[PDB]
Enquirer: 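This entry shows PF-00835231 (bound form) within the model.
Below, read A as the first sequence line, B as the second, and so on, with proteins coming before strands; counting in each chain starts at 1. When a ligand or atom number is given, it counts from 1 through the structure's own listing order. The analysis underlying the following values was restricted to heavy atoms, covering all of them including side chains, and did not include hydrogens, waters or symmetry mates.
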Amino acid sequence: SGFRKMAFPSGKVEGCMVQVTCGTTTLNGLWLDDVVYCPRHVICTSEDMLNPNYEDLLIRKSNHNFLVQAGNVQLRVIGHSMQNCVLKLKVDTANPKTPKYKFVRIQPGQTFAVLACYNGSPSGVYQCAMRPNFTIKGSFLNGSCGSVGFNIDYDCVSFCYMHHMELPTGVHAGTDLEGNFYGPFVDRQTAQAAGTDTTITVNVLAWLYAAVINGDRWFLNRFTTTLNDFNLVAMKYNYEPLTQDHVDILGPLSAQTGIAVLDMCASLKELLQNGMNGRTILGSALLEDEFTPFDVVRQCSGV
Amino acid sequence: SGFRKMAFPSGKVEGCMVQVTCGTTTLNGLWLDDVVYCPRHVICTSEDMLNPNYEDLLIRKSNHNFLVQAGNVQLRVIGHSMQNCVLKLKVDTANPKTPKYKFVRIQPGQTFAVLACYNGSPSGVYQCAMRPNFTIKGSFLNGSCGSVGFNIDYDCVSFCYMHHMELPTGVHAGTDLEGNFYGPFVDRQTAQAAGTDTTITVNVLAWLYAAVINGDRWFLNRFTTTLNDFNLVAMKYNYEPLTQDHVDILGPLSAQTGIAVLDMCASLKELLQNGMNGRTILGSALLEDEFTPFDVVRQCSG
Ligand SMILES: *[C@@](O)(CO)[C@H](C[C@@H]1CCNC1=O)NC(=O)[C@H](CC(C)C)NC(=O)c1cc2c(OC)cccc2[nH]1
Ligand SMILES: *[C@@](O)(CO)[C@H](C[C@@H]1CCNC1=O)NC(=O)[C@H](CC(C)C)NC(=O)c1cc2c(OC)cccc2[nH]1
């Protein structure tokens, strides 16, 4: 038993992390087969980042302008190209530790593991959720760009995020591995705001089921609600709407606890209107929304 | 910026997890050099775990009774021994993925990464804090014994925890890599209770230093205190007493912010006696006690 935010093992990703340097600008790259993926703004200087014409700055660069370091060995760049905001550097050596992998664009509300790296060296790993406003609440410092987010299904690593930016509010923004940003952000040195953040309702419900499976039932109530009436209250409290697909996705958790999804909605409705009154749920004083139904099932099945 | 419960990358430990099976009992082992370490109760039968005499049980075991597998490849056992609650199985193959490592016994309050493992296959990694009552609030299922907790300094892996037991309350207990249980538990199929838990004072102070570093410093007062006066006060609010080592590992943060440790102790004392008065610290009205002074520096420095 027990329930904590838990990331997939990062070993298969650590073996792909490299360092990319152009001028006095350094960040992390991802080395899969004979191509290294990194944020394209590595080709910028301090002055270029204010408003960079990347296509312009890229044609003016030569292969030998890119220093790529895999641990202690230097990889030779034998070609370069740009796909959206991601620079792709072909190299003379294929990474022998390349795992079975795929590039996936994650949906808002879904979770992934983040391997924070600095100077091409892994530093830490933690779970994040792609929030509705397409930011993530991570822990990134200077030099963390190029760090990637991922999940692992059996032995296949699905890469879904590469880090680029920290917003003024302290949250973080990035691209998928095709170089497309999540959210309306742009890779220029400007202060950018995200859209209004909402709470991932299906995740809050799943996390409440995790509390019941771990013995916490104090928030339950005898009342029930309709899907529409719950959504009215949810939208009022800046919660994402709950769809029938979400109700279907919550089925297994409902069958294990014997609590109908719409019964848990009434319990969440009361929590939103009455509050927790100082009480805690699974140790938290706030309603947690960064656990997916999958995340919960994978720690609370059999308990 | 940003504060997360962050775990060390698990790759150096993933390459060391194996599966150990005796009869039908399977759990996880740690393969370092030519030795596999694992919980000794792997030699017990289902009905035998009520009050095992591990010394007699081991007498009835030979090298050929132990099935050690890295993946599906069997590692031949060429010797066996018992050290406290851990079994050391000498194997014929030295693990080529063995990292530079050491065995450490952590103190209550310190944090470490836990690599959840099942049938020798890593499944997840998360960060834990060793409670003052020698328990960790983790996520462990059937088959998780033998999973290890660890820290990584540069390229050295410091192993500090091997999982053994889930308590009736849902928290977990285990040993260091020398087989010595953290806390007053024993490897036996019985419901054992942990001592009443307390708040990790040293970590709360680290958290306050973190708030100061970020410009959130309303709680700094004009008082100071002796270490003894603070301890006696802290024990009345279910807070751990501080040691000399606790004062010492707050040194870097005290020097970074210019706030003497005992001045911050006096600030904490005020918060304990008078509450927060609706105010928040780093966006929360609850004082957090699962980040060590090192975790704070790592996430404010780099
Ligand atoms: C990468 O490491 C750059 O290689 C870096 C990521 C962080 C720095 C601190 N915390 C992080 O996660 N990314 C940046 O510095 C990006 C650069 C590219 C061009 C987008 N810039 C920002 O993240 C950024 C710029 C500004 C800003 O301007 C002026 C004003 C306010 C916030 C801000 N963030
Ligand atoms: C290991 O996997 C055993 O190999 C297993 C750990 C977990 C199982 C589920 N969640 C875990 O963390 N360990 C045990 O089952 C141990 C075996 C001991 C070391 C011999 N037993 C317990 O942890 C345990 C026993 C009892 C009990 O008795 C009866 C009564 C109440 C709780 C309890 N926990």
Enquirer: Which macromolecule here is the main partner of PF-00835231 (bound form, ligand 2) by heavy-atom contacts, as listed in the PDB entry?
Expert: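 By the greatest number of contacts, it's 3C-like proteinase nsp5.
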Enquirer: Are any of the N/O atoms on B:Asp187, whether in the backbone or the side chain, positioned under 3.5 angstrom from an N/O atom of PF-00835231 (bound form, ligand 2)?
Expert: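 No; the residue has no nitrogen or oxygen that sits under 3.5 Å from a nitrogen or oxygen of the ligand.
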Enquirer: Less than 3.5 Å between some nitrogen or oxygen of B:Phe140 and one of PF-00835231 (bound form, ligand 2), yes or no?
Expert: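 Checking PF-00835231 (bound form, ligand 2) against B:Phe140, an N or O pair does fall under 3.5 Å apart.
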Enquirer: I need the atoms of PF-00835231 (bound form, ligand 2) closer than 4.0 Å to a non-hydrogen atom of B:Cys145, numbered in the order shown.
Expert: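 Near B:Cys145, the atoms of PF-00835231 (bound form, ligand 2) are 1 (C), 2 (O), 3 (C), 4 (O), 5 (C), 6 (C), 13 (N).
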Enquirer: Check this for me - PF-00835231 (bound form, ligand 2), B:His163, N or O atoms closer than 3.5 angstrom, yes or no?
Expert: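 Yes; the residue has a nitrogen or oxygen that sits under 3.5 Å from a nitrogen or oxygen of the ligand.
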Enquirer: With a heavy-atom distance limit of 4.0 Å, tell me whether B:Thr190 approaches PF-00835231 (bound form, ligand 2) through its side chain, its backbone, both, or neither.
Expert: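 For B:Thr190, the contact with PF-00835231 (bound form, ligand 2) is made by the backbone alone.
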Enquirer: Before signing off on this row, confirm whether B:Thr26 and PF-00835231 (bound form, ligand 2) have an N or O atom pair separated by under 3.5 Å.
Expert: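 No, since none of the N or O atoms of B:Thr26 sits under 3.5 Å from an N or O of PF-00835231 (bound form, ligand 2).
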Enquirer: Hey, is B:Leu141 touching PF-00835231 (bound form, ligand 2) through its side chain, its backbone, both or neither, going by heavy atoms under 4.0 Å?
Expert: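 The answer is the backbone of B:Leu141.
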Enquirer: What part of B:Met165 sits under 4.0 Å from PF-00835231 (bound form, ligand 2) if we count only heavy atoms: the side chain, the backbone, both or neither?
Expert: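 Near PF-00835231 (bound form, ligand 2), B:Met165 shows its backbone as well as its side chain.
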Enquirer: Show me which atoms of PF-00835231 (bound form, ligand 2) lie under 4.0 Å from any heavy atom of B:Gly143.
Expert: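 Per the distance check, 2 (O).
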Enquirer: Determine, using UniProt annotations, which domain of chain B has most residues touching PF-00835231 (bound form, ligand 2).
Expert: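 The UniProt domain in question is Peptidase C30.
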Enquirer: Could you peek at the entry and say which residue and atom carry a covalent link to PF-00835231 (bound form, ligand 2)?
Expert: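 The model places the covalent bond at B:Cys145 SG.
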Enquirer: According to the deposit information, what organism does chain B derive from?
Expert: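 The entry lists the organism as Severe acute respiratory syndrome coronavirus 2.
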Enquirer: Determine which UniProt-annotated active-site residue of chain B is nearest PF-00835231 (bound form, ligand 2) and quote the heavy-atom distance to 1 Å.
Expert: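 Among UniProt active-site residues, the nearest by heavy atoms is B:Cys145, 2 Å.
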Enquirer: Less than 3.5 Å between some nitrogen or oxygen of B:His41 and one of PF-00835231 (bound form, ligand 2), yes or no?
Expert: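 Yes, there is a polar N/O contact under 3.5 Å.
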Enquirer: Report all residues and nucleotides of other chains within 4.0 Å of PF-00835231 (bound form, ligand 2) (non-hydrogen atoms).
Expert: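 The heavy-atom contacts are A:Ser1, B:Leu27, B:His41, B:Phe140, B:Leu141, B:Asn142, B:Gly143, B:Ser144, B:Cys145, B:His163, B:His164, B:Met165, B:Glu166, B:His172, B:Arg188, B:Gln189, B:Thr190, B:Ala191.
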